[PDB]
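Structure note - ticarcillin (bound form) present.
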Amino acid sequence: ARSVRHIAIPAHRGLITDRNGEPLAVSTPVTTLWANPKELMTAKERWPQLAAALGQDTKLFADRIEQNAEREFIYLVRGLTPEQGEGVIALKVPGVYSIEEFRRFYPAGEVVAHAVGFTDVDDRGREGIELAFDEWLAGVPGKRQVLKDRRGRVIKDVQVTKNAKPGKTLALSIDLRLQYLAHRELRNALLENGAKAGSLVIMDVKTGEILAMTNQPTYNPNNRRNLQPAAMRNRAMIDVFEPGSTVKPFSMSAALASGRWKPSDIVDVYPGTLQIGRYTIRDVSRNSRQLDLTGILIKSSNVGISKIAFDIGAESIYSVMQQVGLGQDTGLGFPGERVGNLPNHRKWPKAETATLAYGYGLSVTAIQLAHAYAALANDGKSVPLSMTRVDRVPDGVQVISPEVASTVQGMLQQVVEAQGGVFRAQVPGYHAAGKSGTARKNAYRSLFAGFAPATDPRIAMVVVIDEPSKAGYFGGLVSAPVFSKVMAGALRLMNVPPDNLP
Ligand SMILES: *C(=O)[C@@H](NC(=O)[C@H](C(=O)O)c1ccsc1)[C@@H]1N[C@@H](C(=O)O)C(C)(C)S1
Ligand SMILES: [Ca+2]
């Protein structure tokens, strides 16, 4: 006859912005149309006009109502624009009611899809920052009393028992200007090399802020109809890999901290191979005998780093990679975020000791690698990672001694600047530093990791490109130029003064 019931007042989801207030995810009013079927069933002459307005076949529409005749609630359509919800309401069909809902719009679309993420049908986080800060963004549903007749018809609008609590604004650490650049250059690099995937992370070495995170492939999160799982993967945070030679700078920090090695020390890498039981450590270029520690990094000698590893022990190298966060929790609390793995031993056999030293048998992500490189560039101090704007920087942890970190920084500027090094990584007007890699996954993963300006580091960057299909596949040929192009732009967009001066 008369029953009081309660309907949910859905809340506004919080505005996401970039670090400078550029909107990245904006809650847009939509209209969900619902029908009371037992009510519809006394205005059957209206159904054809409604079916046609909802773009439905007349008999399919009528069978639907006639099927659910005993029900008092069916959805007609969720999430129409107001201008098409209202056009249906305008037919005045007895028992057709409307709900002002919210649906997300992403003004930057595919450029920042993986980082900002995606909302499900109920407007809840499903991916990236939407899933991570879902509780902060979500607000809380309101609650409204409704007097209902014995047919399921709304007798009245009684009195809201609770108010909708709207979710809060979130400013990302991401700089849309650097994100756009990182997106564009990584996309050009994929198509130019005919590669399958790629990731590029830009970090602030002083604050722990992620300034850009892009992956190929990506997707338009405004196109809800054809989600392909592959193109929605935030590769930077969920796709693990062996970092290969890009961990050699950590093996070297272990060596310089041991008390057993200085940069002017020599290793004999003749004849470019080294047998270790039934495994052969192999150098790409094999016309070397004596190399200085700096030369081992410039030539990327696997034998060279392996010999240093046999002398200092795997434990010292494991402990550096552990301290800088390789295969360790990032703390970022993105669900489904993979941590990869750092293998441990009580007794390190010779083979595992060598492969660790040149980055095999560990699995890391592009965000971990960028974070280790940020700790090296910021004088051996690791600042906690952040995907939201940092106004008050937390205390960092000293993970490599400042003198060792400074010495490895210099060796990495020679890797970029010296005869025979990775010249494609050179950032005109600046001193740049870092290290190439190329991992057998014949198909390859092309890596460059570094930071700039060398004289006072501000930015760390990782570029990873999976299976370039042109003739050049070395990280130094494929990823270095991307790091170069994006670094030139990123430093200039940050008004970092060019440091290649007298
Ligand atoms: C480090 O990544 C290391 N790569 C290799 O040794 C690869 C392997 O495991 O055999 C390799 C060798 C030729 S293609 C892949 C050295 N660093 C690389 C780099 O700096 O790009 C290298 C290709 C110079 S060898
Ligand atoms: Ca410094």
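Chain A uses the PDB entry numbers throughout; the residues present, in order, are 50-490, 501-561. Indexing begins at 1, ligand by ligand and atom by atom, following the structure's order. Side chains are part of it too, since the values below use all heavy atoms of this structure and drop only hydrogens, waters and symmetry mates. Per the header of the entry, the method used was X-ray crystallography, 1.9 Å.
Location of ticarcillin (bound form), all copies: ligand 1. The chief contact partner of ticarcillin (bound form) in this model is named by the PDB entry as Peptidoglycan D,D-transpeptidase FtsI.
Given atom 21 (O) of ticarcillin (bound form), the protein heavy atom at minimum distance is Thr487 OG1, 2.6 Å.
Contacts with ticarcillin (bound form) closer than 4.0 Å are made by no heavy atom of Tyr407, backbone or side chain. In the vicinity of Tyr409, heavy-atom distances shorter than 4.0 Å reach the ticarcillin (bound form) atoms 7 (C), 8 (C), 9 (O). Within the listing of ticarcillin (bound form), atoms 13 (C), 14 (S), 23 (C) sit less than 4.0 angstrom from a heavy atom of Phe533.
Scanning the protein for heavy atoms near atom 2 (O) of ticarcillin (bound form), the closest one is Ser294 OG, 2.3 Å. Among protein heavy atoms, atom 24 (C) of ticarcillin (bound form) sits closest to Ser349 CB, 4.3 Å. Below 4.0 Å from some heavy atom of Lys484 lie the following atoms of ticarcillin (bound form), by number and element: 20 (O).
For atom 25 (S) of ticarcillin (bound form), the closest heavy atom belonging to the protein is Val333 CG2, 3.8 Å.
Nearest protein heavy-atom contact of atom 20 (O) of ticarcillin (bound form) is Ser485 OG, 2.7 Å. Here a covalent bond joins ticarcillin (bound form) to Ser294 OG.
Near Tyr532, meaning under 4.0 Å from any of its heavy atoms, are these atoms of ticarcillin (bound form): 14 (S).
Of all protein heavy atoms, the one lying nearest to atom 6 (O) of ticarcillin (bound form) is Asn351 ND2, 2.7 Å.
With the cut-off at 4.0 Å and only heavy atoms counted, the binding site of ticarcillin (bound form) comes to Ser294, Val333, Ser349, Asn351, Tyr409, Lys484, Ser485, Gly486, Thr487, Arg489, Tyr503, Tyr532, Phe533, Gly534.
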